[PDB]
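Below is Cytochrome b with atovaquone bound.
Each chain gets a letter, A, B and so on, in the order its sequence line appears, and its residues count up from 1. This deposition comes from electron microscopy, 2.7 Å. Side-chain atoms are counted along with the backbone in the values below, which use heavy atoms only and exclude waters and symmetry mates. Whatever order the structure lists them in is the order used to number ligands and atoms, beginning at 1. Only a selected region of the deposited structure appears here, and contacts were counted within that region alone.
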Amino acid sequence: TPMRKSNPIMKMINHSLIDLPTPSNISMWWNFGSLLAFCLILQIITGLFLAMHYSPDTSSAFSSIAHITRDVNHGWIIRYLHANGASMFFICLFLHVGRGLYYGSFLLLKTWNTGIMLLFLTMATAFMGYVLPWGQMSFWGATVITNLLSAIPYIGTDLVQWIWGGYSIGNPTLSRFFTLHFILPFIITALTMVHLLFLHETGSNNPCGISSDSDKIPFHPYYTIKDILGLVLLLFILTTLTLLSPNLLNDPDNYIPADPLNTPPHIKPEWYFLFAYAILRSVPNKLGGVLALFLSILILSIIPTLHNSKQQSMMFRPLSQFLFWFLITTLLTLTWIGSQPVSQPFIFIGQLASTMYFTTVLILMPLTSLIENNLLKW
Amino acid sequence: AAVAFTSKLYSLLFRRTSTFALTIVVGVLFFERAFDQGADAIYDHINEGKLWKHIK
Amino acid sequence: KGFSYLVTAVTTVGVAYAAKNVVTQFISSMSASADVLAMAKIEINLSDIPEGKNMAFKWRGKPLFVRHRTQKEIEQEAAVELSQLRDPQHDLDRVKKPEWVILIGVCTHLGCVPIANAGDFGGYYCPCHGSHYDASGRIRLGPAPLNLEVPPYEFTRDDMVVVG
Amino acid sequence: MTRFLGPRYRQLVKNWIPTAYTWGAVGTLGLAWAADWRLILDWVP
Amino acid sequence: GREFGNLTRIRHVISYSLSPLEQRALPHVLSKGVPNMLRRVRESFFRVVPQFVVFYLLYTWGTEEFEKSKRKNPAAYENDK
Amino acid sequence: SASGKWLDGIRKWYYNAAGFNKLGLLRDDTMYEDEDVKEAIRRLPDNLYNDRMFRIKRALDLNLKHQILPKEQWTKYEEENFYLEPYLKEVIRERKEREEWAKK
Ligand SMILES: CCCCCCCCCCCCCCCCCC(=O)OC[C@H](COP(=O)([O-])OCC(O)COP(=O)([O-])OC[C@@H](COC(=O)CCCCCCCCCCCCCCCCC)OC(=O)CCCCCCCCCCCCCCCCC)OC(=O)CCCCCCCCCCCCCCCCC
Ligand SMILES: CCCCCCCCCCCCCCCCCC(=O)OC[C@H](COP(=O)([O-])OCC[N+](C)(C)C)OC(=O)CCCCCCCCCCCCCCCCC
Ligand SMILES: CCCCCCCC/C=C/CCCCCCCC(=O)OC[C@H](COP(=O)(O)OCCN)OC(=O)CCCCCCC/C=C/CCCCCCCC
Ligand SMILES: CCCCCCCC/C=C/CCCCCCCC(=O)OC[C@H](COP(=O)(O)OCCN)OC(=O)CCCCCCC/C=C/CCCCCCCC
Ligand code: HEM
Ligand code: HEM
Ligand SMILES: O=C1C(=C2CCC(c3ccc(Cl)cc3)CC2)C(O)=C(O)c2ccccc21
Ligand SMILES: O=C1C(O)=C([C@H]2CC[C@H](c3ccc(Cl)cc3)CC2)C(=O)c2ccccc21
Ligand code: FES
């Protein structure tokens, strides 16, 4: 035998990414998982460096970041890279989800469920990093997200006070944010390995939705060079964002330190969250609002159950495709509404967008699938 | 023949796993309180006169 | 069989006791420490607060509003129909002197600080998710479930009030 | 599903009801004992 | 498990290939690739584009309306005094 | 009555919109292989099995090459063969019978 197959560690590597049988015909939409992994690695490295200069204390956090960006050699670009890498991470994440919704890869149940877990974990992590600078937006974001558990009817307020460690947001809460933000990424790493373990038991779905076991090619050299090309492209975009236009996504209100006595007139979270914010804004009831907020993501878990089609992929299903793109526009609409004041036109538009989101996932797609079946005479 | 204590104990309580578990939770509820009280009594008694509870 | 199973039972009971104690003390590590729990009172001098002015003071880590209401506000807050409220309450259930009102400046929805003299009702407006309050601190529009909270106080001088 | 409507399934569920409510008792009392839940524990002599 | 020795059962299929060093990497772009991209755009245009057009109309409308709402109404002062 | 011609009209429209005919594929080729479908595929005679396998490989190759067949070679709506339906119906009957035994 070759050494490639002489040994358990080596043979696992070989079954993973040398002699793995991959479909010949998968497209660019399948590159975004490797880019996700790359992004995780980038974040961990840049974070370990930042960590050695940051101060988890409310009387010096802000100024520690000032110190990083002004006195540490090239510290400014390390900061820039961390912040922009998070944004890239979520871009890839959203595109990665959407692929699977379009091409019917949710029928790999274990992979799909571990994906949902990973989405949740990544969001938690990103939010707990966003409050560390202790600027004016960070503070009130913390406040809202930790008051969320007050909606639990019997035990909520006590949960809030047990997470605060006191009567209010304060120094004891910031160290908790920092410990959790430190530890979560590694749990994410382990669960990613489990995710891929589950994947390699079946292999990759493909655009046509039919079995590809007659035309499998090896992962090396084809997809090795293909993914390397994808990585080169991602690095070009990331560099241009870091050096040529660093302030594109930046928010001025987080360059004012925290003031516990004043909330600013215009409130806006980080962009990858706006849509949830809009959903949360759309229900005139506290408990109902929070419930909707969490269901908006948890609803992905029952898509496999509502599947009626005989065919797996939307490639050959046009009515389906039309609905898919309408759903994507509803999400764009929620993102846009999240940016606007809480005033009447936007209130009404947001409520319609929310009802149409759930409607579409839960009702319209199942019924169009049945119509489609009937048109093909089965 | 001889209805003996451990046999009744097996047949009523321990034969079925759910009931075994229930027996265990019920026993711990009462053991905890009895055991605490005994220990606190002994402790208090070893060093009477030196604890601020009574000096108060 | 009975005897052998009795031994296991007893062992399990002891293990449960030990586990409960360990886990609970670990959990009580994360509750408020013995240097965070101070509770002081606060004294406010009222002759520095003009008519129509809302002042905010820091108290027990959170804002405390003191509002010096004008006559038309005292009049129009009384007109309100209590049947059209989600947390019904009359103004005189909420003040000790009509021209002063004292509140805890925290929004009952998710904790943001209402801005004063804003919204549809002349009271306060919360930017975070859009709840409106009236000059009695009553919730009038938006997702919040309750009225703004009133602390215990008392007047020690016609120009001094103590909140505790 | 629609498959699990029929005689055998009714009989089979009846077979397991008692074990079910016994495990329910176990879980309830354990939760209460673990969280020193006074709402239930104040009634224990 | 899944391994190139026993994936499936096939009979009577013939394949032919050249080596990479025998052939060109970008053989015919403007005579074949461009028209192909054009038809590939044609086949999907009406399944994707109109939804986004509708989004654009909604966005512009809502912006205009919000901005009108902030301008003072003359009848609010002229009507009664 | 006319309603037949009308329904068949919309059905032909939907078939051309789907476009698996552009790749040289039959409808029964495009099913997802659940348990019953795999058992129906097991039951096929050799000629049908081999024809299916080659057709599918050919579609995959075309998809790899972002290309389609010449229009002259597209599958036409009026002369298609539902070769797998009969076997699938039998498989499903058998499973239904077993279920119905299981509830007594
Ligand atoms: C100061 C800052 C400077 C920044 C500089 C940035 C420079 C970036 C350079 C990037 C170069 C990339 C080169 C990649 C080579 C890869 C080769 C390869 O294998 O590709 C395969 C890959 C496709 O993969 P695949 O295997 O075919 O699978 C895909 C599908 O499954 C296939 O499915 P299908 O076949 O069905 O699909 C067919 C059709 C489907 O067609 C449709 O769906 C229909 C579309 C119709 C559109 C009609 C026009 C628009 C709508 C009008 C409608 C009417 C409106 C009416 C309004 C009325 C109002 C009243 O889709 C296509 O053919 C798409 C082709 C074009 C892709 C474009 C990619 C854009 C990338 C943008 C990056 C932006 C970020 C840059 C960084 C910025 C930093 C600040 O891509 C290609 O084949 C195309 C390669 C060439 C792409 C060039 C892109 C250049 C972008 C330049 C942007 C510059 C401006 C930046 C602005 C920034 C603002 C902040
Ligand atoms: C979320 C927080 C709150 C959770 C509270 C939990 C409530 C429920 C607690 C139940 C405890 C007793 C369960 C016994 C189950 C025995 C099953 C079994 O197989 O037994 C036979 C087995 C094997 O026995 P055997 O093999 O000799 O014979 C058994 C054969 N039969 C059944 C026929 C007799 O015995 C064991 O080895 C069981 C060991 C169990 C060890 C449990 C330790 C205690 C852990 C829970 C308590 C601590 C909670 C701390 C909460 C703190 C909150 C702040
Ligand atoms: C002092 C300044 C620095 C000097 C640095 C000098 C080294 C420069 C870099 C050299 C890289 C290595 C090139 C040669 C590798 C040879 C590997 C080899 O012979 O093993 C191949 C063969 C392949 O396996 P099979 O497939 O089973 O083969 C069957 C064939 N039918 O064996 C293997 O499995 C691979 C074994 C790899 C061994 C690698 C050894 C590396 C040694 C590095 C030393 C570096 C020293 C640095 C010193 C710095 C100053 C203190
Ligand atoms: C910094 C700000 C970032 C803002 C947010 C960025 C992410 C959102 C971006 C939205 C726009 C994405 C446009 C992508 C290009 C679309 C091109 C297109 O329409 O091509 C159609 C073409 C048709 O091909 P086939 O049907 O396979 O057949 C061809 C072979 N004969 O390709 C497709 O349809 C492939 C579609 C794959 C999925 C695309 C998903 C895009 C959006 C995903 C993210 C959306 C938000 C999250 C959704 C899920 C939420 C639970
Ligand atoms: C840190 C987050 C994640 C990482 C690092 C990750 C990584 C990967 C990688 C490397 C692949 C290989 C195939 C590919 O790239 O398409 C993959 C496939 C897949 N991922 Fe994840 N993923 C993440 C999150 C998610 C999420 C959020 C979902 C779904 C909600 C998901 C569902 C899937 C599915 C279904 C596949 C296989 C689909 C197919 O092969 O057709 N993953 N993932
Ligand atoms: C999925 C992985 C990660 C994500 C998504 C993430 C996200 C973020 C975000 C969004 C910020 C705030 C950016 C800003 O304020 O401009 C941040 C800050 C920070 N993160 Fe990360 N992070 C990750 C991994 C890590 C790791 C592993 C560490 C290890 C210590 C770390 C340490 C820090 C530190 C110290 C800060 C504060 C410094 C600063 O604000 O510039 N991060 N993180
Ligand atoms: O990119 C991968 C992939 C993997 C390649 C190696 C990556 C990776 C990431 C980080 C390190 Cl340090 C090493 C390898 C992880 C993703 C993997 O397992 C698949 O199964 C797959 C299938 C289709 C298309 C792409 C892929
Ligand atoms: O009012 C808010 C608010 O409502 C949120 C929200 C946004 C959505 C978040 C969210 C929670 C859970 C999930 Cl799964 C996704 C997003 C929770 C915090 C903020 O992020 C925020 C930031 C800064 C100032 C004010 C605010
Ligand atoms: S925090 Fe005030 S409306 Fe939500």
Where would I look for atovaquone in this thing, copies and all? ligands 7 and 8
Note the other chains with a heavy atom under 4.0 Å from atovaquone (ligand 8), by letter. A, C
Would you mind listing which atoms of atovaquone (ligand 8) come within a distance below 4.0 Å of any non-hydrogen atom of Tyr130(A)? 22 (C), 23 (C)
Closest protein heavy atom (residue, atom, distance) for atom 11 (C) of atovaquone (ligand 8): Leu293(A) CD2, 4.2 Å
With atoms numbered from 1 as shown, which atoms in atovaquone (ligand 8) lie under 4.0 angstrom from a non-hydrogen atom of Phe273(A)? 16 (C)
PDB entry label for chain C: Cytochrome b-c1 complex subunit Rieske, mitochondrial
Heavy atom of the protein closest to atom 19 (C) of atovaquone (ligand 8) (residue, atom name, distance): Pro269(A) CB, 3.8 Å
Which residue and atom name correspond to the protein heavy atom nearest atom 14 (Cl) of atovaquone (ligand 8), and how close is it? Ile297(A) CD1, 3.3 Å
Please give the species listed in the entry for chain A. Chlorocebus sabaeus
Those atoms of atovaquone (ligand 8) less than 4.0 Å from some heavy atom in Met137(A): 23 (C)
Closest protein heavy atom (residue, atom, distance) for atom 25 (C) of atovaquone (ligand 8): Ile267(A) CG2, 3.2 Å
Counting both backbone and side chain atoms, is some N or O of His129(C) under 3.5 Å from an N or O of atovaquone (ligand 8)? yes
